[PDB]
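A, B, ... follow the sequence lines: proteins, then strands. Residue 1 opens every chain. Order of listing sets the numbers, starting from 1, for every ligand and every atom in it. According to its header, this structure was worked out by X-ray crystallography, 1.6 Å. Every heavy atom of this structure was used, including side-chain atoms; hydrogens, water molecules and symmetry mates were not.
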Amino acid sequence: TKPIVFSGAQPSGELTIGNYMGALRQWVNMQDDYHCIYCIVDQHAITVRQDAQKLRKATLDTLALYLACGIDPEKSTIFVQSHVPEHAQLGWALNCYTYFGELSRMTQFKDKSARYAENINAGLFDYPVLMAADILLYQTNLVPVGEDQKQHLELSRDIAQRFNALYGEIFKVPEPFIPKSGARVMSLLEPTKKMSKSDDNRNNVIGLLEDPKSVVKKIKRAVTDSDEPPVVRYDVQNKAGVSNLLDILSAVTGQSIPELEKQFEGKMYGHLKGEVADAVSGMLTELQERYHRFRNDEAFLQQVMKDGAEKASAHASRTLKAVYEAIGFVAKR
Amino acid sequence: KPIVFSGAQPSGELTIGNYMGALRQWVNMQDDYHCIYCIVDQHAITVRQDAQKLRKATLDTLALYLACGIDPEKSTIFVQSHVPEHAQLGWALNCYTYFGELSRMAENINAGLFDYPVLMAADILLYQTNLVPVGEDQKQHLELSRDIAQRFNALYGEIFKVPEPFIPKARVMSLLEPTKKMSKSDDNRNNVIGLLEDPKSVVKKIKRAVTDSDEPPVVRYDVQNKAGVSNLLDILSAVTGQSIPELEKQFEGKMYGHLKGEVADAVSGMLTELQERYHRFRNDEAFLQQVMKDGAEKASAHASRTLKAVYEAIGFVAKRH
Ligand SMILES: Nc1ncnc2c1ncn2[C@@H]1O[C@H](COP(=O)(O)OC(=O)[C@@H](N)Cc2c[nH]c3ccccc23)[C@@H](O)[C@H]1O
Ligand SMILES: Nc1ncnc2c1c(-c1ccc(Oc3ccccc3)cc1)nn2C1CCNCC1
Ligand SMILES: O=c1[nH]c2cc(Cl)ccc2o1
């Protein structure tokens, strides 16, 4: 049996080139090498208040975007989190093996709490426990995420180790898979801030489903620096915007930063932004063409969700039965 | 017919205070209400305990409720962990519960100890529950369940019933501290009589029961001045159905030794029949397995209806069977 890959994305906001380079790109590339399981985490999405029609549409948008990126339902398991009850069941059990202080110290809870002061809910606080359940159910070996999820992944490793120390080899201890390029794509007008899929200023983001003409304009207005002469060189501290543009270009083309710096010797930010705009515009045009063919095929989306929940439930039920036996529950008949 | 929900915590040996004080009366109301008894093993694990002891205590609790007269054909009795909808609704309700509400109910407590009030709200709201018999320690918890139900209903429509406490209330006090209610969660086991205690144990515990220094000894009801004698009278009245004034007449010119002898005989007479049924049920694995299977099937059919309405209101894509 192949080692197992698991990862998820929220059907909230609009997925960006950041979500693609930090996660989805690795998801597509891992499908033959490993046994891959990819989840649309609708139960995590509702830790921020959603409109019911927007959430349902966004769940199906996210599924079609996975397929458009090249996630192949003949190679990978693709499913909607709420379709597998074992996620919530194991999540409750793992609350009892997680410390309050491990949750209160989380960067995501602190940032989200500041943004949504009127909805500091228990789900937002308990977010990392459900995510540990998502990973540990599938005997997961590798979790491809961006840098912002590292703290969450480290807690899932601590929970797995703590539970195993008491009860035996119930869980695998998962490892993060974080890319060398594109692990933390930054905002186009505030390159010290991560690119957000829920930004109130749309000019900060490159949306995967945004009009490529709109995206090219945003790239040309991306902030650079006051260097005289202008020089294309990677330096996050002193050249955050130029560095972020180089990181996006490297991630799209596969070229190294040193190769890009050599290609741009004697050139300035017009050549850099021209190449980033051309590469991103081409990628999004091809991606969106595949997207509409999947998004408007409800029979195919329905079949992928049915087959994926059936495959996930088989794995998850096996792990949950072992967890329930270990902690001392009377087994269900 | 109103729906009543009770959570039976597996750990802790039920006492004569639990039986004569509430369970005995609820056994006789199984035709008046749709009663649901949930053995709450998912609540249990907020406290680290031996796994084999928790499994045994779940089956001990099931067999004792059956022995006291809960009829699995009239009432729904089941193990919480056998119905996944409890955990599913609990997560959803976390997203509609303020962190501040749980704080107002440290770095080293487990998240289950912080979050169980949300699981209790899910347990109740799943079954369109009208009535919850709560202890005084659980009144704030029931108020949170009502607050969550009203908050969700105000956003999405009348998805949940707003549950009410069961207001109406036998007095059974601690044998060595007659000002404190007899409690199944007590550390001084000499303060309680468990439902499974043998006649020799019952005699020993009643004989140490605190009385007073009245001279002559007088068997009369007076909670202020004769708390221990009053408690023995209340226990004897609750077992036999004889009135306090009738018992006062019966023990005129009698000493506290006579009262204690009659209390022990009355209590052990009541427990013998409970204990026969308990050992019969507890050692019948196929009977207990069939009760749990039937109960979880009944509970899941009702719980699935509520959870589907909750998921539709939130906007989740419906599962593909
Ligand atoms: N600007 C950025 N640059 C690079 N990568 C980025 C950027 N912004 C986001 N990411 C990554 O995108 C993935 C999905 O993000 P979500 O917010 O949907 O999704 C999240 O933040 C998860 N909690 C969802 C989840 C729930 N359960 C799981 C179990 C395993 C893995 C993931 C999950 C993530 O990998 C995230 O790191
Ligand atoms: N799980 C726990 N872990 C720690 N402390 C807890 C609890 C609970 C608890 C347990 C089970 C439960 O089941 C129901 C469900 C529905 C209806 C009725 C009962 C409800 C609550 N109560 N408390 C106490 C501690 C002292 N008194 C204050 C609260
Ligand atoms: O991760 C989690 N936390 C949870 C809390 C409740 Cl009440 C139920 C399921 C859960 O899963």
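Per the PDB entry, the macromolecule making the most contacts with ligand 3 here is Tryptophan--tRNA ligase. The PDB lists the drug found at ligand 3 under the name chlorzoxazone. Other chains reaching under 4.0 Å from chlorzoxazone (ligand 3) with at least one heavy atom: A, B. The site surrounding chlorzoxazone (ligand 3), defined by heavy atoms under 4.0 Å, contains A/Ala88, A/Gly91, A/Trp92, A/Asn95, A/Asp126, A/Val129, A/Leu130, B/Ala87, B/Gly90, B/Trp91, B/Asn94, B/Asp115, B/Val118, B/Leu119.
Ranking protein heavy atoms by distance to atom 2 (C) of chlorzoxazone (ligand 3), first place goes to A/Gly91 C, 3.4 Å. Among all protein heavy atoms, the one lying closest to atom 3 (N) of chlorzoxazone (ligand 3) is A/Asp126 OD2, 2.7 Å. Those atoms of chlorzoxazone (ligand 3) that come under 4.0 Å of a heavy atom in A/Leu130, given as number and element, are 1 (O). The contact set between chlorzoxazone (ligand 3) and A/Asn95, taken as ligand atoms under 4.0 Å from a residue heavy atom, comprises 3 (N), 4 (C), 5 (C). Scanning the protein heavy atoms around atom 10 (C) of chlorzoxazone (ligand 3), the nearest turns out to be A/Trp92 N, 3.6 Å.
Residue, atom and distance of the protein heavy atom nearest to atom 9 (C) of chlorzoxazone (ligand 3) are B/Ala87 O, 3.3 Å.
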